[PDB]
K.L.:
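Consider the structure of Peptidyl-prolyl cis-trans isomerase B with ciclosporin bound.
Naming: A, B, ... by sequence-line order, numbering from 1 per chain. Basis for what follows: all heavy atoms, side chains included, without hydrogens, waters or symmetry-related copies. Non-standard residues take their parent's letter or X, and their extra atoms are not counted toward contacts.
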Amino acid sequence: XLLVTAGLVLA
Amino acid sequence: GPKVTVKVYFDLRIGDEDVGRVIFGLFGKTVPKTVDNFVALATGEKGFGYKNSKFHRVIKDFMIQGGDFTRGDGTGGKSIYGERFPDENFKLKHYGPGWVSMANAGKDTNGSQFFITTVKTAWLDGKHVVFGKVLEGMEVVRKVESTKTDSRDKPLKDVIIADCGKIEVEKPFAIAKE
């Protein structure tokens, strides 16, 4: 999807 | 709206090319501790920081993400408060293109990674701490936004923060207002 994470990038 | 209390500049390079300067205005009265962290990493004060690090993830019509100066891949970075620090507050939102916010791995996991939105991203409101906005240089943000990326959204040419530093503000001023 459209997230902004650090370590587990998701959809 | 909120008042700019400090400015930070980044000089960016895309591959072998000096592409320009981006100037951020930071809202130190709204989120003082998240602003102090970002400014300290831009000056390299505590011996580590953003100079010479890369933007590892850019997605057109969304945002460009950077700040991982230890691993360079999205899993690293650290703050001046320790490896991670808590969410300060969610007073500001991702109002439109050009707002700067903290990337994280869920609640209270801020380190040094940040992103600059290139569109309004209302679905991130309340989950990511917004602390500044681009005052000058939105056109060089759009050049990084348009670089070719591989299928993991990593730029094929390295986007580097070649130099960065703080610009003092003698009188805090409000942004253009409505």
K.L.:
Which of the ligands or chains here are copies of ciclosporin?
P.N.:
chain A
K.L.:
Which organism, per the PDB entry, is the source of chain B?
P.N.:
Homo sapiens
K.L.:
Quick sanity check for my notes: UniProt domain of chain B with most contacts to ciclosporin (chain A)?
P.N.:
PPIase cyclophilin-type
K.L.:
Which residues and nucleotides from other chains come within 4.5 Å of ciclosporin (chain A), counting heavy atoms only?
P.N.:
B/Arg57, B/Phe62, B/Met63, B/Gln65, B/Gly74, B/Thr75, B/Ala103, B/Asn104, B/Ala105, B/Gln113, B/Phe115, B/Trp123, B/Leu124, B/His128
K.L.:
Which residues of ciclosporin (chain A) are in heavy-atom contact with chain B at a cut-off of 4.5 Å?
P.N.:
A/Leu2, A/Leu3, A/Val4, A/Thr5, A/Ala6, A/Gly7, A/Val9
K.L.:
Using only distance (under 3.5 Å, no hydrogens or angles), which donor-acceptor pairs connect chain B and chain A (ciclosporin)?
P.N.:
| unit_1 | atom_1 | unit_2 | atom_2 | d |
| --- | --- | --- | --- | --- |
| A/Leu2 | O | B/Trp123 | NE1 | 2.9 |
| A/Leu3 | O | B/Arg57 | NH1 | 3.1 |
| A/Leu3 | O | B/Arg57 | NH2 | 3.1 |
| A/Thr5 | O | B/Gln65 | NE2 | 3.3 |
| A/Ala6 | N | B/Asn104 | O | 3.0 |
| A/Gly7 | N | B/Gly74 | O | 3.3 |

